[PDB]
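What follows is a model of Histone deacetylase 8 carrying bound quisinostat.
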Amino acid sequence: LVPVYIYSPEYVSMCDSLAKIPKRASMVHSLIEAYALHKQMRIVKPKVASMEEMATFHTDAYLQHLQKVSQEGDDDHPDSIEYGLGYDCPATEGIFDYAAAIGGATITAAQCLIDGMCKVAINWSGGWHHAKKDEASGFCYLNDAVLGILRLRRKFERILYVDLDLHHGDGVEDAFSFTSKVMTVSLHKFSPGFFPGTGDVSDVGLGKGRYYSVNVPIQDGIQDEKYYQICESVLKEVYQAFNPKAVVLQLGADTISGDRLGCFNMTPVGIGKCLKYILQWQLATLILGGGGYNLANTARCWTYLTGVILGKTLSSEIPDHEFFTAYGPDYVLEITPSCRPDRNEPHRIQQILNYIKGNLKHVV
Ligand SMILES: Cn1cc(CNCC2CCN(c3ncc(C(=O)NO)cn3)CC2)c2ccccc21
Ligand SMILES: [K+]
Ligand SMILES: [K+]
Ligand SMILES: [Zn+2]
């Protein structure tokens, strides 16, 4: 019953080097350990993914290119245009090893779930949901969520992927767009000019996977109570129509008030309610992180959610620890949203929910 916590010092040290989130993995782990939450979990060292494990989704040519430019960080290689490596996804030195470690961490969590070691396994440094089988994308060099789902498919016949990141989980949706055995549900900002431009409510999958992809397009300024209302309404229909046997849950914290992107107006309490609704299904659940560019707020969010997973209530006072000064000026766990307009007109929200309920009729 005790949740598995994927962690090692080597793993955190590698994840700390990712370009857009310097030291975020150490902050997340350090805050969790300062609340002593790791003492209530089964700590599991992640294995590094092998080439053949990564190739269950990614092409050998992509992985070999990534490995080659990773050796010295060749960010000027003429073939990188083939593979999505460039301004947004630079060929950092060591990026292949970091990708292999994150992929391996998510696979390890999936393996713990299928071995019955736990009902909940956590890889807070995972959630690289934009990566494609032969292209890096949106800071994602390897799609560890896809690798996790594929591992879970060795044992579980139907997997539900739920993506609460601010951005559409397009890489995961694409990987499974043509199958009814994996259903993807993404709540995300959908607006002209907002990356990656996909995931309208009319995108429902393709072929035999038609109606087994679900997209909930949301506008700026949504807050906890309406977001949870939307999420519960969709997930309730999904659970009834699809009958999942296992769940992969991406919890990117770029929805949280105070993020540099400043789109949604969420607090960890609202995401926590979504998490609780999924946990009460009592299915094997693989928990991933993702985006989150206010480093201290992301650590606030995921520490709180770790608390939710353990059924614990955490003290408001941020405990003294290595990154204590990042939590100023108030040094508390809670995040106060700002007072700004919610651009989600309730009639449009009901149109979207009705559309989705109609789509899920076609599902058995
Ligand atoms: C496909 N496509 C490509 C572009 C080019 N610019 C996009 C950059 C990509 C890189 N980037 C980016 N990546 C990941 C995240 C994240 O948190 N993902 O969960 C956030 N930000 C900034 C925006 C683009 C812009 C708008 C709409 C679609 C478009
Ligand atoms: K999302
Ligand atoms: K699908
Ligand atoms: Zn994001």
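Heads up: numbering here begins at 1 and tracks the sequence. According to its header, the structure was obtained by X-ray crystallography, 2.1 Å. Counting convention: from 1, in listed order, for ligands and their atoms alike.
Quisinostat, all copies counted: located at ligand 1. The divalent metal cation-binding residues of chain A named by UniProt that have a heavy atom under 4.0 Å from quisinostat (ligand 1) are exactly: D165, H167, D254. Here the heavy atom of the protein found nearest to atom 8 (C) of quisinostat (ligand 1) is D88 OD1, 3.9 Å. Heavy-atom distances between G193 and quisinostat (ligand 1) reach below 4.0 Å in at least one pair. Protein heavy atom closest to atom 19 (O) of quisinostat (ligand 1), with residue, atom name and distance, is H129 NE2, 2.8 Å. The PDB entry names the source organism for chain A as Homo sapiens.
In terms of protein heavy-atom proximity, atom 20 (C) of quisinostat (ligand 1) is nearest to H167 CE1, 3.4 Å. The overlap between the UniProt substrate-binding residues of chain A and the residues with a heavy atom under 4.0 Å from quisinostat (ligand 1) is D88, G138, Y293.
Contacts under 4.0 Å between quisinostat (ligand 1) and other ligands or ions: ligand 4 (zinc ion).
The nearest heavy-atom contact from the protein to atom 18 (N) of quisinostat (ligand 1) is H130 NE2, 2.7 Å.
Contact annotation for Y293 and quisinostat (ligand 1): only side-chain heavy atoms (C-beta onward) come within less than 4.0 Å of the ligand. Relative to quisinostat (ligand 1), the closest UniProt active-site residue in chain A and its heavy-atom distance to 1 Å are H130, 3 Å. The residue among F139, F195, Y87 with a heavy atom at the shortest distance from atom 23 (C) of quisinostat (ligand 1) is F195.
Looking at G197, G138, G127, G291 and measuring to atom 14 (C) of quisinostat (ligand 1), the nearest heavy atom belongs to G138. Quisinostat (ligand 1) is approached by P196 to a heavy-atom distance shorter than 4.0 Å. Residue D165 has at least one heavy-atom neighbour below 4.0 Å for each of these atoms of quisinostat (ligand 1): 19 (O).
Heavy atoms under 4.0 Å from quisinostat (ligand 1) belong to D88, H129, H130, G138, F139, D165, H167, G193, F194, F195, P196, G197, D254, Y293.
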Find all protein N or O atoms under 3.5 angstrom from an N or O atom of quisinostat (ligand 1) and list the pairs with distances, or write 'none'.
| unit_1 | atom_1 | unit_2 | atom_2 | d |
| --- | --- | --- | --- | --- |
| quisinostat (ligand 1) | 17 (O) | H167 | ND1 | 3.0 |
| quisinostat (ligand 1) | 17 (O) | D254 | OD2 | 3.0 |
| quisinostat (ligand 1) | 17 (O) | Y293 | OH | 2.7 |
| quisinostat (ligand 1) | 18 (N) | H130 | NE2 | 2.7 |
| quisinostat (ligand 1) | 18 (N) | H167 | ND1 | 3.2 |
| quisinostat (ligand 1) | 19 (O) | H129 | NE2 | 2.8 |
| quisinostat (ligand 1) | 19 (O) | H130 | NE2 | 3.1 |
| quisinostat (ligand 1) | 19 (O) | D165 | OD1 | 3.0 |
| quisinostat (ligand 1) | 19 (O) | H167 | ND1 | 3.2 |

